[PDB]
Amino acid sequence: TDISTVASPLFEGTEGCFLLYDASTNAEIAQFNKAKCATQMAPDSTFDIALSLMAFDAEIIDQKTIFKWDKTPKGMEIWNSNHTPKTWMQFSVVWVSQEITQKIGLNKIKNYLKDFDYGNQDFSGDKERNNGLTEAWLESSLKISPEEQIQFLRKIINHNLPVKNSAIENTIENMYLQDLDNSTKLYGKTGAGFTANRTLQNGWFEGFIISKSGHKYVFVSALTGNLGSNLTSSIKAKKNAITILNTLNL
Ligand SMILES: *C(=O)[C@@H](NC(=O)c1c(-c2ccccc2)noc1C)[C@@H]1N[C@@H](C(=O)O)C(C)(C)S1
């Protein structure tokens with residue numbers, strides 16, 4: 001299951017990793033760089049997957065929800081508009097995530113984190129800033145490893161979390177991206193950020209694959225590296241995942 005021959009060149013210049021597991025059997029299908037796989041880091045926008053489960057479970061959104069933009073610039077042009085739960089997921093609209101956390105509230109988020117067994121469960125935010133409610137998952141206190149993300153994703157698709165079944169399937173639906181070359185279906189989510197107080201970038205791309213073979217899988221592509229001042233780490237993590245998945249017979 002060592003796929004280093006293919007994955008190494010794709011992750012050159014970074015500390016990267018890749019994991020692919022069969023969702024039903026938990027069999028490891030492919031791995032690159034287990035040491036990086038075990039290292040906890042900020043989930044960044046991949047935390048939206050957890051927030052989506054919470055929001056649907058708590059019945060504060062549905063698929064017809066329109067998140068209303070406040071007309072002020074949010075940093076990225078794609079963020080400067082109304083959104084749906086689908087486009088929230090697709091474009092990692094951070095202000096929607098923050099609207100959602102403020103609505104659920106800290107203690108209830110902590111309770112969900114405990115139910116999800118999610119990473120270090122540290123939602124305290126930045127030292128001395130009391131900003132955890134709206135920043136904890138963004139290069140801050142909350143950390144989770146690629147291996148932990150695999151098992152979280154596995155729980156989701158197997159309905160082994162104490163949330164509404166619809167909350168799970170609406171969130172999965174809203175992750176759908178495309179089909180791959182052999183028609184396998186890709187459901188995924190990016191996240192990226194700079195490491196606090198450093199120049200390093202971290203990136204993720206993770207999710208589900210549903211094969212016409214019948215098999216379902218969960219995967220995680222993640223990296224950390226000095227890639228300059230343009231945040232491209234999730235672009236790279238995504239690219240790499242798709243390249244690697246298309247080489248496989250799933
Ligand atoms: C989630 O990971 C979100 N990332 C950020 O908010 C982010 C940025 C940023 C860079 C460029 C433009 C806007 C924001 N800088 O630091 C952080 C923590 C969103 N998701 C990312 C993704 O890969 O999904 C981005 C870069 C698209 S923004």
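One-based numbering along the sequence shown. For this deposited structure, the header notes the method as X-ray crystallography, 1.4 Å. Numbering of ligands and ligand atoms starts at 1, following listing order. Basis for what follows: all heavy atoms, side chains included, without hydrogens, waters or symmetry-related copies.
- At ligand 1 one finds the drug oxacillin (bound form).
- Looking only at contacts, the largest set of contacts to oxacillin (bound form, ligand 1) comes from what UniProt names Beta-lactamase OXA-1.
- Each of the following atoms of oxacillin (bound form, ligand 1) lies closer than 4.0 Å to a heavy atom of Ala192: 2 (O), 4 (N), 5 (C), 7 (C), 17 (C), 18 (C), 23 (O).
- Those atoms of oxacillin (bound form, ligand 1) with a heavy atom of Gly193 less than 4.0 angstrom away are 16 (O), 17 (C), 18 (C).
- The shortest N/O to N/O separation between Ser92 and oxacillin (bound form, ligand 1) falls below 3.5 Å.
- The proximity of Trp79 to oxacillin (bound form, ligand 1), defined as any non-hydrogen pair under 4.0 Å, is limited to the side chain.
- Shortest heavy-atom distance from oxacillin (bound form, ligand 1) to a UniProt active-site residue of chain A, with the residue named, rounded to 1 Å: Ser45, 1 Å.
- In this PDB entry, a covalent bond connects oxacillin (bound form, ligand 1) with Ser45 OG.
- Oxacillin (bound form, ligand 1) places these atoms under 4.0 Å from at least one heavy atom of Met76: 11 (C), 12 (C), 13 (C), 14 (C), 28 (S).
- Counting the atoms of oxacillin (bound form, ligand 1) from 1 in the order shown, those under 4.0 Å from a heavy atom of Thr190 are 22 (C), 23 (O), 24 (O).
- In terms of polar-atom proximity, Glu139 is not counted as a contact of oxacillin (bound form, ligand 1), lacking any N or O under 3.5 Å from an N or O of the ligand.
- In this PDB entry, the source organism listed for chain A is Escherichia coli.
- Other-chain residues and nucleotides with a heavy atom under 4.0 Å from oxacillin (bound form, ligand 1) are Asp44, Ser45, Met76, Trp79, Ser92, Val94, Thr190, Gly191, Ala192, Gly193, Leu231, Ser234.
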N or O contacts of oxacillin (bound form, ligand 1) with protein under 3.5 Å, please list pair by pair.
{"unit_1": "oxacillin (bound form, ligand 1)", "atom_1": "2 (O)", "unit_2": "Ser45", "atom_2": "N", "d": "2.9"}
{"unit_1": "oxacillin (bound form, ligand 1)", "atom_1": "2 (O)", "unit_2": "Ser45", "atom_2": "OG", "d": "2.2"}
{"unit_1": "oxacillin (bound form, ligand 1)", "atom_1": "2 (O)", "unit_2": "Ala192", "atom_2": "N", "d": "3.0"}
{"unit_1": "oxacillin (bound form, ligand 1)", "atom_1": "2 (O)", "unit_2": "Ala192", "atom_2": "O", "d": "3.3"}
{"unit_1": "oxacillin (bound form, ligand 1)", "atom_1": "4 (N)", "unit_2": "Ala192", "atom_2": "O", "d": "3.3"}
{"unit_1": "oxacillin (bound form, ligand 1)", "atom_1": "20 (N)", "unit_2": "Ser45", "atom_2": "OG", "d": "2.8"}
{"unit_1": "oxacillin (bound form, ligand 1)", "atom_1": "20 (N)", "unit_2": "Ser92", "atom_2": "OG", "d": "3.4"}
{"unit_1": "oxacillin (bound form, ligand 1)", "atom_1": "23 (O)", "unit_2": "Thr190", "atom_2": "OG1", "d": "3.4"}
{"unit_1": "oxacillin (bound form, ligand 1)", "atom_1": "23 (O)", "unit_2": "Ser234", "atom_2": "OG", "d": "2.5"}
{"unit_1": "oxacillin (bound form, ligand 1)", "atom_1": "24 (O)", "unit_2": "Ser92", "atom_2": "OG", "d": "3.0"}
{"unit_1": "oxacillin (bound form, ligand 1)", "atom_1": "24 (O)", "unit_2": "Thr190", "atom_2": "O", "d": "3.4"}
{"unit_1": "oxacillin (bound form, ligand 1)", "atom_1": "24 (O)", "unit_2": "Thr190", "atom_2": "OG1", "d": "2.6"}

